[PDB]
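Notes to accompany the following structure.
So you know, we letter chains A, B, ... as the sequences are listed, proteins then strands, and number each from 1. Numbering of ligands and ligand atoms starts at 1, following listing order. Per the header of the entry, the method used was X-ray crystallography, 1.6 Å.
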Amino acid sequence: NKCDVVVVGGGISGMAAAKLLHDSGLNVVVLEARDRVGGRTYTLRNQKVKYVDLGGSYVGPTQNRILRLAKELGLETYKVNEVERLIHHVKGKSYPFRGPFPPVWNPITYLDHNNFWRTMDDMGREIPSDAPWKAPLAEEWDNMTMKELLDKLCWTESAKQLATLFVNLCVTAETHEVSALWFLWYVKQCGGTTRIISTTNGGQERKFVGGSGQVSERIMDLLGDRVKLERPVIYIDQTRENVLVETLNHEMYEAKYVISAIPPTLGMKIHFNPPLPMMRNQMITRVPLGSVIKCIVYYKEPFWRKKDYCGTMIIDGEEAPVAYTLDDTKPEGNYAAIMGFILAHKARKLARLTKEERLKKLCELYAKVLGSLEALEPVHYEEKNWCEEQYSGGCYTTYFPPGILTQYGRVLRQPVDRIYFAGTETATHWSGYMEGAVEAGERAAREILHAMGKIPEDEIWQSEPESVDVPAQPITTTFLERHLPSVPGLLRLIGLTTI
Amino acid sequence: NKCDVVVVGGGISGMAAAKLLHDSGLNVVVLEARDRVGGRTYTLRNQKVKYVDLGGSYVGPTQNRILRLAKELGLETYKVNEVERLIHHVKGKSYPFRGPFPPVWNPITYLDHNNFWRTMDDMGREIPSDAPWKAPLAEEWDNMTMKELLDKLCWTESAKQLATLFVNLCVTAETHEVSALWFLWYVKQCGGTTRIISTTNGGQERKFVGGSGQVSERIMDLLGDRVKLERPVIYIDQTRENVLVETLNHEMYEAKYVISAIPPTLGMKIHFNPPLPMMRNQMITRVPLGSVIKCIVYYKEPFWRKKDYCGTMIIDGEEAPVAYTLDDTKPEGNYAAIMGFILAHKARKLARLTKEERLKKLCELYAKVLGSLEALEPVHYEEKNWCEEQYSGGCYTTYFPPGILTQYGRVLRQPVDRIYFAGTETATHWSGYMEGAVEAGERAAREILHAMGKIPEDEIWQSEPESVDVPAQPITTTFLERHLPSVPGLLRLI
Ligand SMILES: Cc1cc2nc3c(=O)[nH]c(=O)nc-3n(C[C@H](O)[C@H](O)[C@H](O)COP(=O)(O)OP(=O)(O)OC[C@H]3O[C@@H](n4cnc5c(N)ncnc54)[C@H](O)[C@@H]3O)c2cc1C
Ligand SMILES: Cc1cc2nc3c(=O)[nH]c(=O)nc-3n(C[C@H](O)[C@H](O)[C@H](O)COP(=O)(O)OP(=O)(O)OC[C@H]3O[C@@H](n4cnc5c(N)ncnc54)[C@H](O)[C@@H]3O)c2cc1C
Ligand SMILES: C[C@H](/N=C/c1ccc(OCc2cccc(F)c2)cc1)C(N)=O
Ligand SMILES: C[C@H](/N=C/c1ccc(OCc2cccc(F)c2)cc1)C(N)=O
């Protein structure tokens, strides 16, 4: 019943917040809706797979908070396989390559591709990580979808097609669904295009040995009976001296402060007394999560490696159910597997099928892309459609439709009396990721410590030392990448000389 | 505890559903979150105003269901004042006019304006009212915002400015916030551009004597203790023989079927067992309501009439807090008043001010537009910001951002086991309006009657006889309106 802080939600963000507060000597309770902790992370264990992440999985350089937390809990990472060649499959043919981006040989198409990535980062530099609505052209960019921006920016279909896949893969949403301002912010706050798309030296470099679910599980172990499972919060009352938090199973909790560590829109599942301020009231109806099915197909051996393919496939085209894959084989070389994402409208479309029907479609796609009949002989299959989850709303994260970020963005992490806001959506570095979950949970916890007079104001936001185990190489560009003209730039140069 | 049907929500839609079921002999209970019925309608009574609609108010020709229901409950209508001239205020000057559309004199601008309205209706003819996602170009139009469409269609700033006002006023949202497919559907399902924008012979022709709140209030009177106030629904369990509905104040209700008569997104406030199907689970996070403050300024006399102005003002420009007004004077000629809407981003922006600060800004605007110092001497003021309402989410209605209607639209009124869906958002004629609320509530009720084997399938959807009191004149066009070229059409001809 009585405690110092109630944390609503036992995902990584809520668990990180609770741990910090507990370590500081406060009495905390975590109220979790599900019969498990972890939220958008979920590690399944059985004999066929040993373990598999069906939710969040990848970590990499510059994600120092999640790496530090996991290390303290006794966890280790291993490198995702990128020894052999990557594949770009376009117009029904596969093209192997090395390096983070598929090579482009046509001079005009090359200029267009180069200008696309460059411009994404150029625009990003004008967007403050902690206040995207303060960008000089915030309103102009927010009033445009990513589809509109790509239509303007890409002078070739080749570039527009890859750019579209990039958006779909980053934020599990269609280009016409999302604000240009918000998407440009999203990429910039991860460190830019190269960092976000890279396996080696990027966001997909590593996974945790034994699964990411261990982060939330091991924190639960530390907290003991303080974590309450199957306690969905239904009601928060701030009209009295202590905050009252009610659960669906009829329990009452009393606290000095509350941390909301759930996806912003899931705040709708709670009835508030007094009512929320107008801006938050409407904000939480304007912020959907994306759509994705994560699918893992198991094989006897990692047969792709024999053909000098690492297992990474970038697959363009409406017909392909999966647009992106990575090798999901265990570090020991066993439980050979390919992980693939079914993205955005395809998650909606293909959800109609049976599990067996999806497995068949994936194997037939992989056989084509890898040019290997071996892909037609799976030994096992696991999948999770995150669109069906009442207490997630989708995956990976929340997207902002046109017009919303400028109008409502500033209230995302603004306290409401004694309620403070965590969750990855409120992070300023790797928001949308496990990293952002840690940043946000610890920041919200320190906001409360400051409110209690236990720490100074300058200690609310804290820097993180770089991991010694996962060093970060800097993002570099070549002279030609920096200075080569865009397509319209070249046309202007021609028009000028021919005058 | 035990009944035949639980109706969640006591707005016009829930009340209409409950009345139909009650009249058929079934035991109904209405669970309403607030301490009042009416929802997005709310009639305030006090000595200064007598009565005033702070929510939904206007009814007109072709809205036969709301007119019939109100008449049965003993209500009457009166005509909104449109005797004298309307005003279009643009670039700081007022231009009085007659007829539904402000006149345009520049020849190129005339062609652009004419083409805009015509094209809106042209596109609408290809959109089925009961299935907008079946339009031949559904995906193309759904993947575009109204801003993108207006940028393509309007060759003059004059037309684009008026078109933008039109969108803001219709759906209390910015042009860049909404799907083109959804907006074109919205206009078409009200009967087209002329019908939706007109006072005389259109959606704003009339108001109810005594206020629209009386519709929900008088149905509550009929139902007696069957309406439960301050019972927000928190939990619906369909895992057992009878459906279980739990409220925030700890009560349990047991029923054969449930009608959800709340805005689609407000379904998020209910925890479901078993969980909702995937498509509905995500749909209810993708469908926000618009933003509006409704403001009524009172004066000693309807002084604008002396200058041959009816009180209608169409006001363009960022600086103006209010883009549209109507005369809100009582039919008896007393309680003189001007009703105005603060729309979309302006509702967000000006909410920061005090009530007194908004009153001053409105009076100064009205003095400018009406060219009358009398506008600076208000006797009273009432306002309501619908953005603050936990159990509405906004007003007037739900809008669809780009991409949503095609992907999720088909599940809007699809039953989930024993839950059926009412609410104006599920209507096929005047969805967004009180009329749509009645259509949807009665249809959802008849879906349950059919499920119980009490009526045949062909009786679920029922036509409505035309009101004898509010006859509808047909929408007409002239030869020149039909056949004059667009701006690019004229350029092609040259
Ligand atoms: C398929 C998939 C792929 C992705 N891959 C990666 C990846 O590779 N790398 C990466 O870093 N991130 C990835 N992500 C995203 C990552 O998982 C999230 O960013 C992160 O887990 C979010 O943590 P959170 O604590 O902020 O929120 P959540 O994990 O959503 O936690 C919120 C918790 O609150 C609970 N809750 C909800 N409502 C209530 C209520 N009313 N009362 C009580 N409790 C409630 C929920 O049950 C949940 O446990 C992926 C996610 C998925 C699903
Ligand atoms: C300022 C304004 C101007 C508009 N003007 C007009 C106009 O001129 N003409 C016109 O026709 N229409 C107008 N509209 C729109 C019109 O009011 C609506 O279309 C109509 O009232 C909707 O009725 P409804 O029953 O479908 O939904 P609602 O009126 O929203 O009713 C839903 C009810 O459900 C309740 N509820 C919500 N959640 C729960 C819960 N969890 N448990 C139990 N109950 C719950 C709510 O409290 C509410 O009473 C306007 C509205 C406003 C606010
Ligand atoms: C699962 C999620 N990953 C996001 C992600 C985002 C972008 C990615 O880009 C891959 C890529 C490579 C080459 C070209 C291209 F367009 C995209 C790959 C993954 C995460 N790590 O949380
Ligand atoms: C309040 C809401 N009314 C919607 C409405 C919609 C459109 C309207 O258009 C007025 C108008 C007139 C002339 C030109 C123009 F662009 C708009 C007026 C009102 C309703 N009746 O529910």
Recorded drug, ligand 4: safinamide
Chief contact partner of safinamide (ligand 4) - name in the PDB entry: Amine oxidase [flavin-containing] B
Mind listing the other chains that have a non-hydrogen atom under 4.0 Å from safinamide (ligand 4)? B
Which chain residues come within 4.0 Å of safinamide (ligand 4), judged by heavy atoms? B:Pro100, B:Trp117, B:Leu162, B:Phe166, B:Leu169, B:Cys170, B:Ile196, B:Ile197, B:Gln204, B:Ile314, B:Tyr324, B:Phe341, B:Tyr396, B:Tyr433
Atom 11 (C) of safinamide (ligand 4) - nearest protein heavy atom and its distance: B:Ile197 CB, 3.8 Å
Quick one: look up the protein heavy atom nearest atom 14 (C) of safinamide (ligand 4) and list residue, atom name and how far away it is. B:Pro102 CD, 4.0 Å
Per-atom contacts, safinamide (ligand 4) versus B:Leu162 - under 4.0 Å to a heavy atom: 16 (F)
Distance filter under 4.0 Å to B:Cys170 heavy atoms, resulting safinamide (ligand 4) atoms: 6 (C), 7 (C)
Quick check: does B:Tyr58 get an N/O under 3.5 Å from an N/O on safinamide (ligand 4)? no
Check the entry and give the organism for chain B. Homo sapiens
For atom 18 (C) of safinamide (ligand 4), which protein heavy atom lies nearest, and how many Å away is it? B:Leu169 CD2, 3.4 Å
Counting from 1, what safinamide (ligand 4) atoms have a heavy atom of B:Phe166 closer than 4.0 Å? 16 (F)
Under 4.0 Å from a heavy atom of B:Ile314: which atoms of safinamide (ligand 4) are those, numbered in the order shown and with their elements? 12 (C), 13 (C)
Per-atom contacts of safinamide (ligand 4) with B:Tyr433, taking only distances under 4.0 Å to non-hydrogen atoms: 20 (C), 21 (N), 22 (O)
List the closest protein heavy-atom neighbour of atom 21 (N) of safinamide (ligand 4): residue, atom name, distance to the nearest 0.1 Å. B:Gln204 OE1, 2.9 Å
B:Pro100: numbered safinamide (ligand 4) atoms lying under 4.0 Å from its heavy atoms: 13 (C)
